[PDB]
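Notes to accompany the following structure.
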Amino acid sequence: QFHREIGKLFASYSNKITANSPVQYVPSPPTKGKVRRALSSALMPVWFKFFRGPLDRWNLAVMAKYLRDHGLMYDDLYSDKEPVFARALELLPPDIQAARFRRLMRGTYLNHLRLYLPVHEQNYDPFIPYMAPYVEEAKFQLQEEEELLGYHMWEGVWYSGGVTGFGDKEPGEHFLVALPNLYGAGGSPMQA
Amino acid sequence: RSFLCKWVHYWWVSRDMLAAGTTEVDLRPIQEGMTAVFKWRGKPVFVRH
Amino acid sequence: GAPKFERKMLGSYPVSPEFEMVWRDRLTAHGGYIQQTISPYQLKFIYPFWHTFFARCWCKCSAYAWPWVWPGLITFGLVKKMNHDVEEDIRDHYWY
Amino acid sequence: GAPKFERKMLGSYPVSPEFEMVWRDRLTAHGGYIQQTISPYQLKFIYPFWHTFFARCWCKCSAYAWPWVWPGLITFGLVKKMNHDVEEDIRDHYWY
Amino acid sequence: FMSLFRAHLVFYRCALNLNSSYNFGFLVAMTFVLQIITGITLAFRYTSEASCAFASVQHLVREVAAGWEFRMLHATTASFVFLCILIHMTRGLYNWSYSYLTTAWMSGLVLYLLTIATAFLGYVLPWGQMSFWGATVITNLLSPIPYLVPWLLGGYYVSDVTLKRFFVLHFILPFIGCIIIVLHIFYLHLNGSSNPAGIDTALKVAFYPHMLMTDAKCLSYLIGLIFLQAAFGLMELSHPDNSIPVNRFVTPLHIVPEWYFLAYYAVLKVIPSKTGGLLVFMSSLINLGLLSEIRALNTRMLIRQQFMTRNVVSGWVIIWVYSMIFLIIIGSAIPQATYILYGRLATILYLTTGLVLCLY
Amino acid sequence: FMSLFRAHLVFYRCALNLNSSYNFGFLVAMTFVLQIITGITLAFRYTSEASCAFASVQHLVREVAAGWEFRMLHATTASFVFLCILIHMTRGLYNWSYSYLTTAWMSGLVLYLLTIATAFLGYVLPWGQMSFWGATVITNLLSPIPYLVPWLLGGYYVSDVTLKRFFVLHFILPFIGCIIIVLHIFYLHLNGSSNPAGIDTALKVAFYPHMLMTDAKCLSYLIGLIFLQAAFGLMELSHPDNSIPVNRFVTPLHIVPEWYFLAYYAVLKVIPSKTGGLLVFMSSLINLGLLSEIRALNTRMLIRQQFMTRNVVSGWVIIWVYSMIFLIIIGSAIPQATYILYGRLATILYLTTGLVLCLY
Amino acid sequence: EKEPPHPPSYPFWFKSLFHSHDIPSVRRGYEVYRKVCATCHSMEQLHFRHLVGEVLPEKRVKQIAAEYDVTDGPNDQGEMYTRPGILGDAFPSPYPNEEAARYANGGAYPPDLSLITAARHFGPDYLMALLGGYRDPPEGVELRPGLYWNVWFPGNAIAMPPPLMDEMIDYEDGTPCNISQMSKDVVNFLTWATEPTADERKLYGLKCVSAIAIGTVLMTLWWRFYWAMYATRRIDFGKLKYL
Ligand SMILES: CCCCCCCCCCCCCCCCCC(=O)OC[C@H](COP(=O)([O-])OCC(O)COP(=O)([O-])OC[C@@H](COC(=O)CCCCCCCCCCCCCCCCC)OC(=O)CCCCCCCCCCCCCCCCC)OC(=O)CCCCCCCCCCCCCCCCC
Ligand SMILES: CCCCCCCCCCCCCCCCCC(=O)OC[C@H](COP(=O)([O-])OCC(O)COP(=O)([O-])OC[C@@H](COC(=O)CCCCCCCCCCCCCCCCC)OC(=O)CCCCCCCCCCCCCCCCC)OC(=O)CCCCCCCCCCCCCCCCC
Ligand SMILES: CCCCCCCCCCCCCCCCCC(=O)OC[C@H](COP(=O)([O-])OCC(O)COP(=O)([O-])OC[C@@H](COC(=O)CCCCCCCCCCCCCCCCC)OC(=O)CCCCCCCCCCCCCCCCC)OC(=O)CCCCCCCCCCCCCCCCC
Ligand code: HEC
Ligand code: HEM
Ligand code: HEM
Ligand code: HEM
Ligand code: HEM
Ligand SMILES: COc1cc2[nH]c(C)c(-c3ccc(Oc4ccc(OC(F)(F)F)cc4)cc3)c(=O)c2cc1Cl
Ligand SMILES: COc1cc2[nH]c(C)c(-c3ccc(Oc4ccc(OC(F)(F)F)cc4)cc3)c(=O)c2cc1Cl
Ligand SMILES: O=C1C(O)=C([C@H]2CC[C@H](c3ccc(Cl)cc3)CC2)C(=O)c2ccccc21
Ligand SMILES: O=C1C(O)=C([C@H]2CC[C@H](c3ccc(Cl)cc3)CC2)C(=O)c2ccccc21
């Protein structure tokens, strides 16, 4: 019985992994092996003074000036085409949300005109992390759904309801389900 | 309009054809009751005695 | 496209087909705003471009200096040195 | 298609696209009805055809006699008479 | 596009009593697709030069693997295209389909015109005697307007230039066909098909299981018959005289177009004035077009039942069919006074019985 | 289909700050439509025979009214097709458009492959020395598999059969192009375009009045420039050596492909193993494909701003562009050790800077 | 192999953007071609039809064509014959096939000149340089018989003998004959013969480009007309500032 035997293989491996579980926080093992840690530690005094130092300083200068020209913050660079950030934006309070909207409007207009702001308008720190408390919550909420619902490749009915059947939940987002109607006036999913 | 005129003109007959020419025929060898046929400007011509 | 919490409408009138793309990309005006526009028949429209020319040109040229020109100069250098190497080769290999 | 007073539905669930044609042609069952069907795996399916052959064939052939055959016979007649006329012409005109 | 596929070819609901006579549309479409495949694979080895086109077609048959098969399938499937179209037209004359399928009927007529044009362009490409002299005749027939004929020819007479542009046009037109077919089906499914009984009924049934199998059955028969005729040659569908190289100064001694063109030919034999000739075609096609709005030509409310079963009066469509067959017969024969006389009789019948369809 | 026209090309709402760099798609589409018109009207007089193709192209120029104009427009618009495509690609490498326009980017790549194939097939049809020997080279390049090359050729060597099928294929491919363009635009408008600033903004504005006029302006410029180069010949875009009839036993003494193929040529000059050659093309195209799912190759959340303005570090796309231009330069020159050495330097740069795009 | 040198740019009248061909030079070049270069080369694409109205008057062109015997047929007996050339005939050629041409020219093939300036780099400047290019061999080089040294031909060794000689031909307008003059005139003639539609092409070009540029100005104005209404817009948040 092939399937039950390979079951046995999988089960024993999982039990090994289970038996080694800690019961409390334990610091992660380093990201680099001891050889590379040694080599980096040896070459630090030259590499950081001549190359890495100036690279990491020039980078922040470039970023800051570009953000100040337009009056953006750093966390204004993230999109809502990203599910986690979409959730984070859903969880925002009114004031932060309104200010973000305003800054994005102004940045669009300024990049259209290609005119610098006066230097007295540029006196602020652009790298404040104002989205962090919300991104962490979004990550939690979207991780639990994977754990509790996404753990298997579920089976569906194909090309029915406007969805392909392989997992989508919004109609006509893929080519083989384009053009839902041939007559009439159509409609929108949001008005069902 | 210039574009359409050029495109129309491009379907017209070429500059090598010209359809010009003339020919002559000797009539000594013909016999009574016979019809001879000749070639002229792309078409056939009958000569009958 | 837009997140589902932005493209949720307040009205309930059916969206006409010719407006599809308009309401797929709906966004909320958080805080509201006020706008003013003048008809283009009552505006100057070639003087505003030249009036702001120097500022715009300074900005554009400043932005492109390091990223586009400096590697360009290096590449031009490399071409000149390649020409040197070739014009020396062609004599070494074939001239007595 | 159907008149608007027939294609008005009782339900209110959104018609899925793959069912478009189904509900454009909706019709009411005035008075209701009862129907029974047997799975084709539990029916004879070549004996019922031959069992009713003679009736079906009588009907079909009866229906087509006058409309198709009688003009056919007249046309066949005309062809035969045309052949007669030609075979007489060809001698009158060219035989001494 | 899958959802549309399911809506129109799987869940679409028909009437229970649709018999074989409603399967011939599908059939003409299939002959179109098939003719397109063989077309494209013939184009890969054809030569569009007046000096050598003929030998180019002979090379396929003689020196190429399976060369003969594609040429003969392409040649024979044309006849089936036209036969299926004529059955398909006559069905809807018989039923008075055009009563409510107005725009579908118009689209149909346009498709038939496209098909005539496509076939005739094809008929010139093998470049034999019949091809050259047929092209000469039809180009002279549309002469009434100055310079249009040398322009469309490309030249003062049928030429290699003419062959080149005929080849390109014959390439292109079928695909325009396909587009118009989509338009056709749009108008059709906007309304819904008619019954043979010409009543409105709620006893509908879905397409996929019941009617799809009948389509498939007829498809088997048609593929069968095409291969039978193609491989063994039972009928002399095409005359032998296209087997002779072209000569620009000598006609062939006997002339017979392809069968689907004979009736037209008959007219050109019997009407004295050439313009009268052309006007007969124009008039008959206009009359067919006029049927699209027959409901307006009278104030009596119309029905689709023509009560032609058991009827000693028969019907105008049947007289039309028999007149057309008679015209094919006369088309085929030599020009002689008696053939012309019965020709004129048949022509008058053919014209009158078309005019009279509007007089309910 | 009018309602769709209005939804997508009139009421569609863009961002206020879309400058000219977002107008080049429209431009490549227009060069496609234009190239199709001139194509079809060239086909009406072209001859697909190895014995006489060359003189067939010369006849258009010498003896046909406006004959020269269509050939030269067709020849010159190809260069603009490729120039506009390269600008259009580099814009989206610069912006990291592929971050969220995943399937659009894939479709783009397929369209570029189609265009390469179409152009190269076209390049053989005038049938000069460069055409014959180019076909020989590229057919030998795809040799690894038995019998595939004599099959695709049709023959043991480049032949009239090869010309016939190249002509038919060059006829067909552009229209497949068009279909894939519709697919492209579907994926695009599913998402919505990016800004030059790479932010999300509500300051949108409709298309018809503002952006349509910019499209029109650039269109005027392009039509201008095409006609300038076509009528006066400012640049030697095409080498003279296709002006010589073919000889099957003698190569031309100096060889230069069309400019849009020179970089590829450079690679074939400098890599020793022929299979290594072919694998470089395959690998680079696979790398470009891999960018479609760059969000998955790392767990840091991604942004579209590459902060390349005022940046002394520049960016990998700029190094890619300069490496590619350097490869074009070396492509053009004779085979000599020093050119090969700097070739290999440039090749390593071109490969590495493509690999490295994934390493954020 | 080596990179060949590049010729100098000569000021031929045509290589300006507003200039046509220079027809007297074309007449003289045609005369040179007939008297000299047509001994071994061919122009299979040219017919006498091409010369009337563009270069020469019709009457003279008919008289030129009459100088040649041209083959035609078959006749009633299926034999071929020769007749005087007519305006509709192509230029004659000195050899019946490439093999005979090679047999007469020590193995090398004299190319057909119907497109010669479009089939070489730098076209007429290259041809002008080539006709000047014959010189004695350098130290350390010797060429086998029937081969010549030319400083502009690639690889420097060429099969064509020195081409030109003073007063080897004569002109009807009165111009003096010398190898430089003959070079200029024959290069002019061959450049014309490479594409007789040149002047038509350029004169049409001028109108097209001018009108299109005027277009471009108008469309630029129309585009800015709409740019300005949104470039100058005001948007306020919270309360109204200005009016
Ligand atoms: C037009 C179409 C026609 C209409 C009908 C539709 C046709 C499609 C039928 C074929 C599908 C059969 C397989 C059924 C799977 C069911 C699984 C399930 O429960 O569903 C949920 C499951 C998704 O749920 P989920 O797991 O929650 O989603 C998370 C993600 O999947 C992410 O998960 P992850 O990241 O955790 O990774 C998971 C991944 C882990 O595995 C890997 O990633 C392995 C990677 C190794 C690399 C090797 C390549 C692997 C792909 C194999 C391809 C071979 C097939 C082709 C064979 C050709 C034979 C000639 O798992 C798999 O890859 C397992 C599934 C792989 C199957 C793919 C091939 C199936 C085809 C079998 C029939 C072949 C005949 C074709 C004939 C020729 C014509 C095509 O479904 C899938 O994953 C779908 C898999 C199948 C692909 C989609 C079908 C295509 C539809 C579009 C049509 C395109 C046609 C283009 C032609 C156009 C013509 C004009
Ligand atoms: C059987 C018919 C076959 C039709 C074929 C048509 C031609 C197709 C050509 C293209 C190819 C397509 C392929 C598919 C064809 C269709 C297949 C099919 O499914 O047929 C269904 C067909 C009928 O199905 P259905 O459900 O009754 O159809 C509904 C009805 O139409 C009833 O519909 P409705 O009641 O709703 O009426 C609507 C109306 C709608 O109107 C129409 O559709 C009218 C259309 C008329 C045609 C108009 C266009 C004409 C254009 C000109 C064409 C010129 C061609 C020239 C050809 C010349 C050839 C020489 O239709 C009618 O009114 C039709 C009735 C017409 C009655 C005519 C009566 C004529 C009597 C003649 C008597 C002759 C006596 C001769 C005596 C001689 C004595 C010496 O049934 C069968 O065929 C059954 C299968 C039989 C298989 C037998 C196989 C035997 C093999 C034996 C082998 C032996 C070997 C021996 C070896 C021995 C070794 C030792
Ligand atoms: C002016 C530009 C023109 C572009 C043309 C492109 C080529 C087109 C070819 C195909 C044909 C298409 C036709 C339409 C073209 C577009 C037309 C248009 O609307 O242009 C808008 C253009 C720019 O508009 P925009 O809104 O600023 O555009 C946004 C920007 O791109 C800013 O966008 P962003 O900020 O969002 O950035 C996004 C990013 C996105 O990334 C990209 O798009 C990158 C694309 C790069 C190209 C990649 C592909 C390359 C493939 C290889 C190609 C090889 C070709 C080889 C050719 C060889 C030729 C020899 O773009 C960039 O980063 C671009 C910045 C690049 C900076 C490079 C700096 C280089 C400095 C060079 C200095 C040289 C000094 C030499 C000193 C010599 C001393 C001896 O504006 C104009 O052209 C204004 C009109 C000017 C008209 C002047 C007419 C004067 C006529 C005078 C006649 C005189 C007659 C005298 C007679 C006298 C009688 C006495
Ligand atoms: C027979 C004596 C010839 C006369 C008279 C002319 N040409 Fe010729 N030409 C001849 C030969 C045998 C060759 C082959 C040279 C070789 O190396 O194979 C040529 C070649 C040319 C070329 C080709 C130059 C190149 O770079 O390939 C040209 C452009 C050319 N000839 C021009 C030319 C002109 C203008 C003449 C009249 C002044 C002329 N030739 C006369 C044989 C003979
Ligand atoms: C409805 C579709 C079509 C019809 C009705 C049709 C009809 C015909 C006909 C009647 C012939 C005459 C063949 C002969 O006399 O032997 C022919 C020949 C030909 N057709 Fe078509 N055709 C169609 C589609 C196509 C297509 C799509 C192509 C190419 C893309 C094509 C290419 C050709 C060629 C090359 C020939 C020449 C055959 C030969 O020379 O032997 N056809 N066609
Ligand atoms: C390429 C040519 C054609 C194709 C592919 C085609 C296809 C079809 C198809 C698939 C159908 C539905 C099923 C069927 O009836 O078989 C149909 C129905 C119909 N067609 Fe056609 N057809 C063509 C030509 C024509 C022509 C020439 C006419 C009229 C002159 C016509 C008129 C009609 C009508 C009236 C119907 C519906 C009849 C009814 O519902 O009662 N079609 N066609
Ligand atoms: C994106 C679309 C197209 C591109 C990029 C393209 C490209 C080219 C190129 C580069 C040439 C070489 C011309 C020369 O070297 O002088 C050519 C020639 C040609 N093309 Fe296309 N083409 C396209 C579409 C078409 C279409 C749609 C057709 C016909 C339906 C066509 C028919 C021809 C013909 C007949 C030639 C021969 C030109 C000659 O012999 O002088 N092309 N094409
Ligand atoms: C025939 C070839 C092509 C046509 C007709 C075409 C057409 C278009 C059009 C009309 C647009 C929207 C307006 C614009 O961006 O100009 C667009 C956007 C786009 N195209 Fe193409 N394109 C072609 C080739 C390509 C290629 C080769 C690629 C990538 C390798 C590509 C990738 C993209 C992307 C990423 C966008 C959207 C960028 C953004 O929204 O930020 N396309 N294309
Ligand atoms: C016996 O009774 C019937 C038979 C019938 N058979 C068929 C084949 C159809 C049909 C045809 C096409 C179609 O959609 C298409 C349009 C155009 C295309 O394009 C092209 F060119 F055909 F491929 C393809 C596909 C959808 C449906 C019918 O409606 C139909 C109706 C009745 Cl009452
Ligand atoms: C400057 O910024 C932009 C410029 C833009 N320009 C254009 C031209 C479009 C566009 C293209 C095609 C289209 O629909 C069509 C698809 C395919 C067809 O088929 C074919 F082959 F092109 F004709 C035709 C039509 C609808 C819209 C854009 O979206 C667009 C978007 C932005 Cl942001
Ligand atoms: O005399 C004719 C002749 O009259 C036609 C005719 C047949 C009908 C055709 C036709 C008429 C009307 C339409 Cl809508 C379509 C085709 C036109 C050519 C031929 O096909 C033909 C072929 C070869 C030699 C001679 C002849
Ligand atoms: O030696 C070559 C050569 O190497 C190519 C090459 C150029 C690159 C081409 C190419 C490479 C890759 C792609 Cl994806 C597309 C085209 C293939 C032919 C030519 O085009 C050529 C033309 C005429 C004579 C010789 C030659």
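We name chains A, B, ... by the order of the sequence lines, and we start the count at 1 in each one. Going by what the header records, the deposited coordinates were determined by electron microscopy, 2.8 Å. Start at 1 and go down the list; that is how both ligands and their atoms are numbered. The structure has been trimmed to a portion of the entry, and contacts are counted only among what remains. Heavy-atom basis, side chains included; hydrogens, waters and symmetry copies ignored.
At ligand 11, the PDB records name the drug as atovaquone.
In this PDB structure, the PDB entry names the chief binding partner of atovaquone (ligand 11) as Cytochrome b. The chains other than those of the drug that have a heavy atom under 4.0 Å from atovaquone (ligand 11) are E.
Looking from atom 11 (C) of atovaquone (ligand 11) to the surrounding protein, the closest heavy atom is E/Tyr264 CB, 3.7 Å.
Numbered from 1 in the order shown, with element, the atoms of atovaquone (ligand 11) that lie under 4.0 Å from a heavy atom of E/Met130 read 23 (C). Protein heavy atom at the shortest distance from atom 9 (C) of atovaquone (ligand 11) is E/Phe120 CE1, 4.2 Å. Listed by atom number, the atoms of atovaquone (ligand 11) under 4.0 Å from E/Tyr265 heavy atoms are 1 (O), 2 (C), 3 (C), 4 (O). For atovaquone (ligand 11), the atoms sitting less than 4.0 Å from at least one non-hydrogen atom of E/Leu268 are 4 (O), numbered in the order shown with element in parentheses. Near E/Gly134, meaning under 4.0 Å from one of its heavy atoms, atovaquone (ligand 11) places the atoms 21 (C), 22 (C), 23 (C), 24 (C). Residues of chain E that UniProt gives as binding heme b and that have a heavy atom less than 4.0 Å from atovaquone (ligand 11): none. Counting atoms of atovaquone (ligand 11) from 1 in the listed order, those under 4.0 Å from a heavy atom of E/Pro257 are 19 (C), 20 (O).
Per UniProt, counting from the N terminus, the transmembrane segments of chain E with a heavy atom nearer than 4.0 Å to atovaquone (ligand 11) are 3. Here atom 24 (C) of atovaquone (ligand 11) lies nearest to E/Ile255 when heavy atoms of E/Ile255, E/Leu142, E/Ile116 are compared.
With non-hydrogen distances under 4.0 Å, the site around atovaquone (ligand 11) consists of E/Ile116, E/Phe120, E/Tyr123, E/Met130, E/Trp133, E/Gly134, E/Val137, E/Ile255, E/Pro257, E/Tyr264, E/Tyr265, E/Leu268.
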